Enquirer: 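A structure from the PDB, with 1-deoxygalactonojirimycin included.
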Amino acid sequence: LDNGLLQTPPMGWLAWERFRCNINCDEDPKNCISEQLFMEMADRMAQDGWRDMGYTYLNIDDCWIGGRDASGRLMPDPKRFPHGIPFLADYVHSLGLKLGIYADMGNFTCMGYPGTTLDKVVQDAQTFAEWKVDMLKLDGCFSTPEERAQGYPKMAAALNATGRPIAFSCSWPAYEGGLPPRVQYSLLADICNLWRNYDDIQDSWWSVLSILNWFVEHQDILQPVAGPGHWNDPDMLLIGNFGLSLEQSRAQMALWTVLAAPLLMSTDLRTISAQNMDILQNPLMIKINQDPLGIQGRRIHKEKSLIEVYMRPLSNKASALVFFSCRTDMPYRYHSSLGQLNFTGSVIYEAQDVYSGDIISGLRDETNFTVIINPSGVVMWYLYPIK
Amino acid sequence: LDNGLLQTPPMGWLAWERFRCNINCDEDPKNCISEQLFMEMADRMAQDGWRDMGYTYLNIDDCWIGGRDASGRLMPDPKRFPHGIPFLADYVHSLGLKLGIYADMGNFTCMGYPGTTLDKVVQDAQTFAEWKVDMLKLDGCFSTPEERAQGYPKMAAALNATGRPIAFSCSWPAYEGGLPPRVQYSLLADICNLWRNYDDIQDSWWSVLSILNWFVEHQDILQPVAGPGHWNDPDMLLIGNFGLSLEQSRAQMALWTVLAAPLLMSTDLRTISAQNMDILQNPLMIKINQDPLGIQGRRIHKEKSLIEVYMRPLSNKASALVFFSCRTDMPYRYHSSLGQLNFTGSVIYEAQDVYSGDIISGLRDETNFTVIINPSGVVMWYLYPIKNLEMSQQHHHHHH
Ligand SMILES: *[C@@H]1O[C@H](CO)[C@@H](O[C@@H]2O[C@H](CO)[C@@H](O[C@@H]3O[C@H](CO[C@H]4O[C@H](CO)[C@@H](O)[C@H](O)[C@@H]4O)[C@@H](O)[C@H](O[C@H]4O[C@H](CO)[C@@H](O)[C@H](O)[C@@H]4O)[C@@H]3O)[C@H](O)[C@H]2NC(C)=O)[C@H](O)[C@H]1NC(C)=O
Ligand SMILES: *[C@@H]1O[C@H](CO)[C@@H](O[C@@H]2O[C@H](CO)[C@@H](O[C@@H]3O[C@H](CO[C@H]4O[C@H](CO)[C@@H](O)[C@H](O)[C@@H]4O)[C@@H](O)[C@H](O[C@H]4O[C@H](CO)[C@@H](O)[C@H](O)[C@@H]4O)[C@@H]3O)[C@H](O)[C@H]2NC(C)=O)[C@H](O)[C@H]1NC(C)=O
Ligand SMILES: *[C@@H]1O[C@H](CO)[C@@H](O[C@@H]2O[C@H](CO)[C@@H](O)[C@H](O)[C@H]2NC(C)=O)[C@H](O)[C@H]1NC(C)=O
Ligand SMILES: *[C@@H]1O[C@H](CO)[C@@H](O[C@@H]2O[C@H](CO)[C@@H](O)[C@H](O)[C@H]2NC(C)=O)[C@H](O)[C@H]1NC(C)=O
Ligand SMILES: *[C@@H]1O[C@H](CO)[C@@H](O)[C@H](O)[C@H]1NC(C)=O
Ligand SMILES: *[C@@H]1O[C@H](CO)[C@@H](O)[C@H](O)[C@H]1NC(C)=O
Ligand SMILES: OC[C@H]1NC[C@H](O)[C@@H](O)[C@H]1O
Ligand SMILES: OC[C@H]1NC[C@H](O)[C@@H](O)[C@H]1O
């Protein structure tokens, strides 16, 4: 979407994966979807390095809406958002952050809150701009394919007409199977800054693998369509939560990075471990995710040993390599060379291991190397030519 | 198997899951299958609390064998076990530990090492006894159903005839689909101390779930067959390795415990984290696993919320409850009561949370309680009548 926004993938925090539709503030005031939750997460983003490392969006998901007023104007739940959305936008902006919100192109949101029907698209866009929202995720429950086909472009046009830059995250393709012929990716790129292609992530490794598999199976279609201002979105990061081991957490971060994915966390920043913080705040990892060329990577090799290799092209003739072990036994000593991974010519390279920081220098195409990859884990290199 | 052994489930360490068939000692001397590996793990078991908490077996798995000598007697790989197996058993015994070994009922071991064919069953049994081995896992690759039907009983007979008590772990049912009519658990209980019923565990939560699912699906058949001296074996613990998160690690320990499973670790004890050690050395958990009644637990409740409840009966009218969340979203507040979990009227209970150590007092059948369970995680209770604390302190004794 040619609105000047998200020339690199968005980074931030989104409520949904970890906090879901918890509206029981009487019994669970610390974890319910409320003004307080968003304010506390904003404070953590401002104080604990997140904003400074690039995590700038703080996004509200489903279950925020209270009703519509006598003029049809959307309102938040008055008990859980007592000061209203402008207050929250203004608070988040005071901290150098951006505020995302959520609506559904349909009769109801997925959890049954008031929907943004076709006759409300313009009014709701105007309301969000007036509130000084910076991003909108538009979900697709409770609509027909024909409604979505009218509604997603209508919303893009309506947001534009407000005059406020609002990053536009579109769930449209996920409701239509994610693939041609039903999904037109050239159209999506013109109307959306990013789109959810596929199934909701859940807090499990099986879920990450399911998503990674679908993205790799369809990479010939998906890889070319991503670039500055228009991203594929394989859904939120699980790092900090319950289902992923340490190796798996590191793998998700590396693979999302090689895929030029959004880095949208969804975890309790108030209690996040040092180890998980260190994964998410890895400066080189973030540099790679945010590479200005915005070229999505692809799986380039899959071996009978169950080691997979991903490669992402980067600026200044650099590359990212992810060596990923699908094995479920023990560490594996993977032997390769840059020549076997389709680096050609007479270039000499240097690599930095993204997680260890160690430097491997003087790699020619014919130079044999070994990387030790743990099960359900990765080794990631930032590779560049040297003199 | 009525050989006096494993009146409670075996606890120890087995090389296979974590170290597999790594024989490259030239390139990987710290992690290859070798005497050094076993000696180092033995030291860790003796020094780091493992033995003292009940973990007594140190078990060799596949890929130890060098060949058979001119008389047909098994030899370990001379490059990787230079001092021989008797030396290793002596060493292990000197530390108050027991040595387990591995063979295959068939032409070759699964990894292609010399097999214990029907003609070698007796010689191999005698060799193991002579080496002062304490446990044998007998795998089932490269055999036919008839060879296994003859061989597993033949080995049990051969072990018995040596006069040395050797705990006998039988893979027979895993190679027969784990269920009647092909598997005869009455015979297995008479010839084996434990048996692998099902698929090899791998270092993944999916794997743990697949095994749990199978054991629960078939629990009406499997639960009654377990008891002192004859256990179901859902395979090794993954705690300490790569694939399980903290919640999943705590879950596997709890669920293996309620299933009266062996607690056979397979992890690098030299680098294991304090967090993982704390799971595996939890004293109340181990007490429950080792309960003298040896009654395997069951899944008693499954809810549309994807919360499952398992219960294991224990000594002194106590029970273990494991509340298990199959959810993949966020912590869940599970509301229940003992009456809804089929506890029978009038008894007042107390519970100790096995992981937090917290005590919950005044539980009657009707009293509503809430437990907070994390995704792919558990809450486990040790539950006892609050008349058994008093009665355990009013036992009168006399000399004789
Ligand atoms: C509502 O919708 C309109 C229409 O889509 C948006 O207006 C567009 O805004 C974008 C982003 O600001 C504009 O794109 C930028 O144009 C710059 C100048 O281009 C001139 O020359 C071209 C022909 O060569 C003309 O078409 C155009 O009218 C201009 O006169 C470029 O310099 C910018 O370059 C960017 O990309 C390159 C690499 O791709 C980078 O190197 C640069 O750093 C930079 O990021 C960019 O292309 C676009 O021109 C606007 N179109 C129109 C018709 O005005 C509104 O932004 C939008 N409003 C809201 C509130 O959402
Ligand atoms: C080869 O196979 C034979 C079986 O065919 C095995 O023999 C069995 O060995 C076990 C273990 O040693 C014996 O079990 C023990 O019997 C002890 C004595 O009981 C006898 O006497 C009573 C009289 O009241 C009879 O009723 C009974 O049938 C026995 O004949 C018990 O004292 C032992 O109790 C143990 O457990 C209790 C808890 O349950 C503890 O409190 C005790 O401390 C103690 O540890 C035990 O039951 C069994 O009797 C033998 N069976 C037969 C048929 O002889 C061999 O062991 C086996 N050899 C090898 C090398 O594997
Ligand atoms: C969304 O809402 C519209 C308007 O309420 C729904 O259309 C009505 O549906 C009811 C219940 O089936 C019918 O009895 C009415 O006759 C309909 N009225 C009108 C004016 O259309 C529609 O079914 C809903 N759409 C989706 C996708 O769920
Ligand atoms: C184990 O080894 C024996 C001995 O080689 C195998 O027996 C042969 O099997 C083939 C085909 O199955 C027959 O054609 C021969 O008649 C057998 N040879 C002898 C000398 O008996 C046996 O099949 C092997 N068993 C397994 C399960 O692999
Ligand atoms: C790399 O290793 C292979 C063995 O797989 C060897 O044959 C080859 O000569 C080596 N290449 C170089 C450039 O050293
Ligand atoms: C337990 O909770 C139920 C509803 O969930 C309630 O009806 C009942 O009265 C409660 N029982 C007790 C003993 O408080
Ligand atoms: O109900 C909210 C839920 N709907 C489905 C979306 O894909 C999720 O990310 C989340 O927004
Ligand atoms: O090859 C060894 C391997 N064979 C199959 C067994 O089930 C595993 O536990 C292991 O012993």
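The chains referred to below are lettered A, B, ... by the order of the sequence lines, with proteins before strands, and numbering in each begins at 1. Reckoned from all heavy atoms, side chains included, excluding hydrogens, waters and symmetry mates. Remember, it's 1-based here, ligands and their atoms both numbered in the order they're listed.
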Enquirer: Which ligand entries or polymer chains correspond to 1-deoxygalactonojirimycin?
Expert: ligands 7 and 8
Enquirer: I'm curious which macromolecule has the most heavy-atom contacts with 1-deoxygalactonojirimycin (ligand 8) - what does the PDB entry call it?
Expert: Alpha-N-acetylgalactosaminidase
Enquirer: Find the other chains whose heavy atoms come closer than 4.0 Å to 1-deoxygalactonojirimycin (ligand 8).
Expert: B
Enquirer: With heavy atoms of B:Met111 as the reference, note each atom of 1-deoxygalactonojirimycin (ligand 8) found under 4.0 Å away.
Expert: 1 (O)
Enquirer: Any N or O of B:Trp16 that comes nearer than 3.5 Å to an N or O of 1-deoxygalactonojirimycin (ligand 8)?
Expert: no
Enquirer: For atom 7 (O) of 1-deoxygalactonojirimycin (ligand 8), what's the nearest protein heavy atom and its distance?
Expert: B:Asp200 OD1, 2.6 Å
Enquirer: Of all the non-hydrogen atoms in the protein, which one sits nearest to atom 1 (O) of 1-deoxygalactonojirimycin (ligand 8), and at what distance?
Expert: B:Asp62 OD2, 2.8 Å
Enquirer: Which UniProt-listed substrate-binding residues of chain B does 1-deoxygalactonojirimycin (ligand 8) come within less than 4.0 Å of, going by heavy atoms?
Expert: B:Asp61, B:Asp62, B:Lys137, B:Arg196, B:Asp200
Enquirer: What I want to know is whether B:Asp139 and 1-deoxygalactonojirimycin (ligand 8) share at least one N or O pair that is separated by under 3.5 angstrom.
Expert: yes
Enquirer: Show the atoms of 1-deoxygalactonojirimycin (ligand 8) that are less than 4.0 angstrom away from any heavy atom in B:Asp61.
Expert: 2 (C), 10 (C), 11 (O)
Enquirer: Which 1-deoxygalactonojirimycin (ligand 8) atoms does B:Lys137 reach within 4.0 Å, using its non-hydrogen atoms?
Expert: 8 (C), 9 (O), 10 (C), 11 (O)
Enquirer: Write down the species the deposit gives for chain B.
Expert: Homo sapiens
Enquirer: I'd like to know if B:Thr109 contacts 1-deoxygalactonojirimycin (ligand 8), where contact means a heavy-atom distance under 4.0 Å to any ligand atom.
Expert: no
Enquirer: Using a non-hydrogen cut-off of 4.0 Å, what is the binding site of 1-deoxygalactonojirimycin (ligand 8)?
Expert: B:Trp16, B:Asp61, B:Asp62, B:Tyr102, B:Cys110, B:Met111, B:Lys137, B:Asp139, B:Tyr175, B:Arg196, B:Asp200
